[PDB]
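Structure, 1-deoxygalactonojirimycin included.
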Amino acid sequence: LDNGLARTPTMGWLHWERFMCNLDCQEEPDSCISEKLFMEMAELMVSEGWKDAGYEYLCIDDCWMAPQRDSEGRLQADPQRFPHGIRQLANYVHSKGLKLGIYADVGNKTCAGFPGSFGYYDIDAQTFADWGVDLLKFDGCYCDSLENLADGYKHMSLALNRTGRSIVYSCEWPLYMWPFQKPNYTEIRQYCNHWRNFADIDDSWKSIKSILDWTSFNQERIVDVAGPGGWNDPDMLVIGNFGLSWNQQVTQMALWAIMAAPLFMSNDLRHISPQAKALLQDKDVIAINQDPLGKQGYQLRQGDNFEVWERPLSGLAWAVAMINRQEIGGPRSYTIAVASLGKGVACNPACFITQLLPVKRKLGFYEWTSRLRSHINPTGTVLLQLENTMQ
Amino acid sequence: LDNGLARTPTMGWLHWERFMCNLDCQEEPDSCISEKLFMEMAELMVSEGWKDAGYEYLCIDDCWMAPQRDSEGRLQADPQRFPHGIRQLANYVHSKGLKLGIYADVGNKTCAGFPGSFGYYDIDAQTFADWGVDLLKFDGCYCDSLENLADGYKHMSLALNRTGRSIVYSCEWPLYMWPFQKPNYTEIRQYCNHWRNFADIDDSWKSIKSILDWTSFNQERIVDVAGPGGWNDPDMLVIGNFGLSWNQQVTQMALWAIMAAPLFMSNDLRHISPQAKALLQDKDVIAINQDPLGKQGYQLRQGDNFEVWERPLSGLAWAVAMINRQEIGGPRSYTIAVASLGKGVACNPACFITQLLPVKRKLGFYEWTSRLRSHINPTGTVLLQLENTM
Ligand SMILES: *[C@@H]1O[C@H](CO)[C@@H](O[C@@H]2O[C@H](CO)[C@@H](O[C@@H]3O[C@H](CO[C@H]4O[C@H](CO)[C@@H](O)[C@H](O)[C@@H]4O)[C@@H](O)[C@H](O[C@H]4O[C@H](CO)[C@@H](O)[C@H](O)[C@@H]4O)[C@@H]3O[C@@H]3OC[C@@H](O)[C@H](O)[C@H]3O)[C@H](O)[C@H]2NC(C)=O)[C@H](O[C@@H]2O[C@@H](C)[C@@H](O)[C@@H](O)[C@@H]2O)[C@H]1NC(C)=O
Ligand SMILES: *[C@@H]1O[C@H](CO)[C@@H](O[C@@H]2O[C@H](CO)[C@@H](O[C@@H]3O[C@H](CO)[C@@H](O)[C@H](O[C@H]4O[C@H](CO)[C@@H](O)[C@H](O)[C@@H]4O)[C@@H]3O[C@@H]3OC[C@@H](O)[C@H](O)[C@H]3O)[C@H](O)[C@H]2NC(C)=O)[C@H](O)[C@H]1NC(C)=O
Ligand SMILES: *[C@@H]1O[C@H](CO)[C@@H](O[C@@H]2O[C@H](CO)[C@@H](O[C@@H]3O[C@H](CO)[C@@H](O)[C@H](O)[C@@H]3O[C@@H]3OC[C@@H](O)[C@H](O)[C@H]3O)[C@H](O)[C@H]2NC(C)=O)[C@H](O[C@@H]2O[C@@H](C)[C@@H](O)[C@@H](O)[C@@H]2O)[C@H]1NC(C)=O
Ligand SMILES: *[C@@H]1O[C@H](CO)[C@@H](O[C@@H]2O[C@H](CO)[C@@H](O[C@@H]3O[C@H](CO)[C@@H](O)[C@H](O)[C@@H]3O)[C@H](O)[C@H]2NC(C)=O)[C@H](O[C@@H]2O[C@@H](C)[C@@H](O)[C@@H](O)[C@@H]2O)[C@H]1NC(C)=O
Ligand SMILES: *[C@@H]1O[C@H](CO)[C@@H](O[C@@H]2O[C@H](CO)[C@@H](O)[C@H](O)[C@H]2NC(C)=O)[C@H](O[C@@H]2O[C@@H](C)[C@@H](O)[C@@H](O)[C@@H]2O)[C@H]1NC(C)=O
Ligand SMILES: *[C@@H]1O[C@H](CO)[C@@H](O)[C@H](O)[C@H]1NC(C)=O
Ligand SMILES: OC[C@H]1NC[C@H](O)[C@@H](O)[C@H]1O
Ligand SMILES: OC[C@H]1NC[C@H](O)[C@@H](O)[C@H]1O
């Protein structure tokens, strides 16, 4: 979408995976979907270093709404959980130097069953712009027709544009289309800043694997459409939660960087391990994800329970990720000729290789005829940066 | 098996899951299956507290053998990887106050392709006794028929007995005959100290889940047959490796205790985190696993992506494990009427409840009508001990 936004993948925090649709503020006041939750995360996003690392958008997902629209046909924030209203929340978030994201649905209802925006696109766009909203995530539930789905996503894009306010537009259009027909990514890119392709992530290695496998399976269709202003969205980072081992967490961070993915954390920033925090704030890995060239990476090789992915970067550099998919035994060595990397130009005549995950280490100079050898933990990933040089 | 061994579930270390069949001693000398590896693990079992926690048996799995039997028809340790032989290894292990476990296969070959014991059961049994072996794991690969399989497992049990040496006999009899015929656990129990029922564990939450789900599904068949001298083997503990989150590690430790499982670690004791170590050496949880009454636990309840399991202990105590099987969201509130626990006698008229995992914490006295509210992390478990009080 040519709105001048998302020139690099959008970074922020989104409540959905970790907090879901918890409406139980009586029994669980600190975890329920309410203004206090977002106020606290906004505070922590600044004080704990997330904003300085690039995480800018504090985003509200489903279940923020009152059961019904007001008498003027507007969406309302729930009066018990958001008593001060979204406008005051937006102002609070902006006073911290952050941006506010919000959620709506293209159909009759949101996925959790709250009011949908079908027949209200202009009213809702204008309501969000009035409030000071900076990003909309637009879900695809309760839409009976693929025509209405496509038309709704296009209409809201235009409606947001007409407000005059710059609003990142995050779509789930291809995801709700894929079962029934092939998405047209040239069309989607014109209307959306980023788009969900695949099923909801959860806090599991199985889920990370299936997203990587579906991305690599469909990479011919989706890799080349991504670029400044329009990104593939493989869903939230679940690092810092409960279901991923340390190696599995390194794998998600590494591959979301290779894939030029929006980086939306969904975790409890009040309760995050030093390790997960250091991984998520890793300046070098974030720089890869945010590389200004904006060319999405891809799977190069697959075999022997190993995967090799690579991404072209600016300044003639490349990122290489090698995943160990064997879920038994110990570290396994993988050896690859550097001449097979970066379409033969990454280390021609030479290159400097620096390892970034799971630890930072300079590996030295590699000639075009050299072989690269790494040990990789089961379900772990080694991420390298190849810096091309004529020495 | 009535040999006076495994009166509580056997505890130790087994190389297979973490080290497997690595023969590349040229390029990976510290990780290949060699006498060096087992000598190093032995040293660490003593120095780092493993022996004191109860982990006693240092066990060799597949791929220790030479490609061929010797001229006398005996198995031989690989000459390049075990140049000092198994007898010297057994002596070294015994000098550390530990016991030695070894591996063989009922069929013509081991699963990895080395010499099998079919037609050599008495030779091998005697060879192992002569070496001073204290435990045999006996695998089921390359066995043509169910007749041979059954007869093989029985033959080796008797052969071990005839040596006069006390040897723990660890079988895979039910695992390998399940596909074709329902195992007779009464028969299996008479011949074996423990038995593998299900597929090989690996370093994944998926595999932990599958083992628990298959156990609970089959718990009517297998729970009551367990007891002092004969245990169900859900396979190795994989805590301290690569594929399990912290909560998933706690779940395995808690549930292996509930299930009266043999506790065979398969990890690198040279490279293990402090958390994984503290969990594996947790005296209170190990005491549950090793409860002298030796009654295996079972799934009590399933619903709302929660599972409740319990185990009866000695002295009118119970252990209770509540698992959160929802793999999305945050810690989830679970409330249970304590009157549902221990067949209604656990907290009649009252009980003192102590949480053991993921942290140790006295929770206080509960009356029969009370409700316990826990918070359980996704894929995590809360483990409680209930002490009945008047
Ligand atoms: C571990 O591996 C060992 C080596 O492979 C196994 O021993 C084999 O067991 C075979 C049966 O499972 C057995 O096969 C029989 O062989 C008889 C004679 O050999 C013939 O073949 C030779 C070359 O292959 C050849 O040189 C000879 O000239 C012979 O022709 C043969 O008579 C048998 O046939 C019987 O059955 C048929 C069919 O009903 C009748 O028509 C026939 O009259 C006869 O009664 C049989 O051969 C064939 O078996 C397969 C079947 O599909 C064919 O129809 C049938 O013809 C073989 O002798 C040995 N091999 C060796 C080298 O000794 C061992 O098996 C176990 O132990 C053996 C001793 C036996 O007790 C088996 O029942 C056991 O399963 C394997 N053990 C384990 C645990 O896996
Ligand atoms: C509603 O929609 C309209 C379009 O339908 C939006 O107007 C468009 O806004 C963008 C804002 O960037 C504008 O794009 C720029 O155009 C000027 C020339 O007029 C260029 O100098 C810009 O290039 C520079 O900046 C970009 C970063 O955006 C950078 O990539 C370049 O290297 C350079 O430094 C930029 O041109 C774009 O460059 C990137 C390339 O991918 C695009 O194709 C190219 O457009 C558009 O001109 C403008 N479109 C029109 C038709 O006027 C409007 O912002 C939007 N309003 C709201 C509220 O959302
Ligand atoms: C080879 O097999 C035979 C059986 O086929 C083993 O003999 C059995 O060994 C058991 C354990 O040592 C004996 O049971 C014990 O009996 C004594 C006295 O009553 C008692 O102190 C123990 O608590 C135990 O009692 C019960 O035994 C029956 C079980 O139902 C119950 O669970 C136990 O609590 C058992 O009597 C004996 N059976 C027979 C038929 O003789 C034999 O074990 C070896 O012999 C015994 C006597 C002892 O020297 C052991 O150290 C030794 O292992 C076994 N041999 C080998 C080498 O494994
Ligand atoms: C996927 O979506 C893209 C973008 O909408 C489609 O390309 C666009 O197709 C429009 C209508 O077919 C084109 O409009 C034309 O504009 C010119 C102005 O010069 C008029 O003369 C002409 O009558 C049309 O109205 C538009 O040019 C084109 N946009 C872009 C950015 O390429 C695309 O359609 C497919 O490709 C185009 C080039 C044609 O070959 C179509 O026949 C073809 O469907 C969509 N792809 C699919 C598979 O649906
Ligand atoms: C499973 O194995 C059990 C142990 O071998 C069998 O029980 C034993 O059966 C013998 C006769 O086959 C008998 O002499 C033994 O006393 C008895 N052992 C014990 C500890 O009870 C069992 O056999 C079944 O149950 C026995 C009591 C008889 O009713 C048999 O006719 C049955 O087959 C075996 N079960 C099965 C299903 O094969
Ligand atoms: C929404 O449902 C109404 C009936 O409640 C129906 O008239 C309308 O066509 C539906 N629209 C969409 C986009 O699903
Ligand atoms: O109910 C909200 C939920 N709906 C489905 C979406 O794909 C999720 O990301 C989340 O927004
Ligand atoms: O190859 C050895 C391998 N065989 C199959 C067994 O069940 C495993 O535990 C292991 O011993």
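The chains carry the letters A, B, and so on, in the order of their sequence lines. Chain A residue numbers are taken from the PDB entry; in order, the displayed residues are 32-422. The PDB entry numbering applies to chain B: residues 32-421, in that order. Whatever order the structure lists ligands and atoms in, that order sets their numbers, starting from 1.
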Which parts of the structure correspond to 1-deoxygalactonojirimycin, copies included? ligands 7 and 8
Identify the main binding partner of 1-deoxygalactonojirimycin (ligand 7) here and report its name as listed in the PDB entry. Alpha-galactosidase A
Taking 4.0 Å as the heavy-atom contact limit, which other chains touch 1-deoxygalactonojirimycin (ligand 7)? A
Mind listing the residues near 1-deoxygalactonojirimycin (ligand 7)? I'm using heavy atoms under 4.0 Å. A/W47, A/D92, A/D93, A/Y134, A/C142, A/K168, A/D170, A/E203, A/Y207, A/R227, A/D231
Go through 1-deoxygalactonojirimycin (ligand 7) atom by atom and flag the ones less than 4.0 Å from a non-hydrogen atom of A/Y207. 5 (C)
Got the closest protein heavy atom to atom 10 (C) of 1-deoxygalactonojirimycin (ligand 7), with its distance? A/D92 OD1, 3.4 Å
Among all protein non-hydrogen atoms, which one is nearest to atom 5 (C) of 1-deoxygalactonojirimycin (ligand 7), and what is the separation to 0.1 Å? A/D170 OD2, 3.2 Å
Which atoms of 1-deoxygalactonojirimycin (ligand 7) have any heavy atom of A/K168 under 4.0 Å away? 8 (C), 9 (O), 10 (C), 11 (O)
A/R227 N/O under 3.5 Å from 1-deoxygalactonojirimycin (ligand 7) N/O: yes
Which atoms of 1-deoxygalactonojirimycin (ligand 7) sit under 4.0 Å from any heavy atom of A/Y134? 2 (C), 11 (O)
Name the UniProt substrate-binding residues of chain A with a heavy atom closer than 4.0 Å to 1-deoxygalactonojirimycin (ligand 7). A/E203, A/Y207
A/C142: numbered 1-deoxygalactonojirimycin (ligand 7) atoms lying under 4.0 Å from its heavy atoms: 1 (O), 4 (N), 5 (C)
Give the residue, atom name and distance (to 0.1 Å) of the protein heavy atom nearest atom 1 (O) of 1-deoxygalactonojirimycin (ligand 7). A/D93 OD2, 2.9 Å
Quick check for students: name every N or O atom pair between 1-deoxygalactonojirimycin (ligand 7) and the protein closer than 3.5 Å, with distances.
residue	atom	partner	partner atom	Å
1-deoxygalactonojirimycin (ligand 7)	1 (O)	A/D93	OD2	2.9
1-deoxygalactonojirimycin (ligand 7)	4 (N)	A/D170	OD2	2.7
1-deoxygalactonojirimycin (ligand 7)	7 (O)	A/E203	OE1	2.6
1-deoxygalactonojirimycin (ligand 7)	7 (O)	A/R227	NH1	3.2
1-deoxygalactonojirimycin (ligand 7)	7 (O)	A/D231	OD1	2.6
1-deoxygalactonojirimycin (ligand 7)	9 (O)	A/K168	NZ	2.7
1-deoxygalactonojirimycin (ligand 7)	9 (O)	A/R227	NH1	3.0
1-deoxygalactonojirimycin (ligand 7)	11 (O)	A/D92	OD1	2.7
1-deoxygalactonojirimycin (ligand 7)	11 (O)	A/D92	OD2	3.4
1-deoxygalactonojirimycin (ligand 7)	11 (O)	A/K168	NZ	2.8

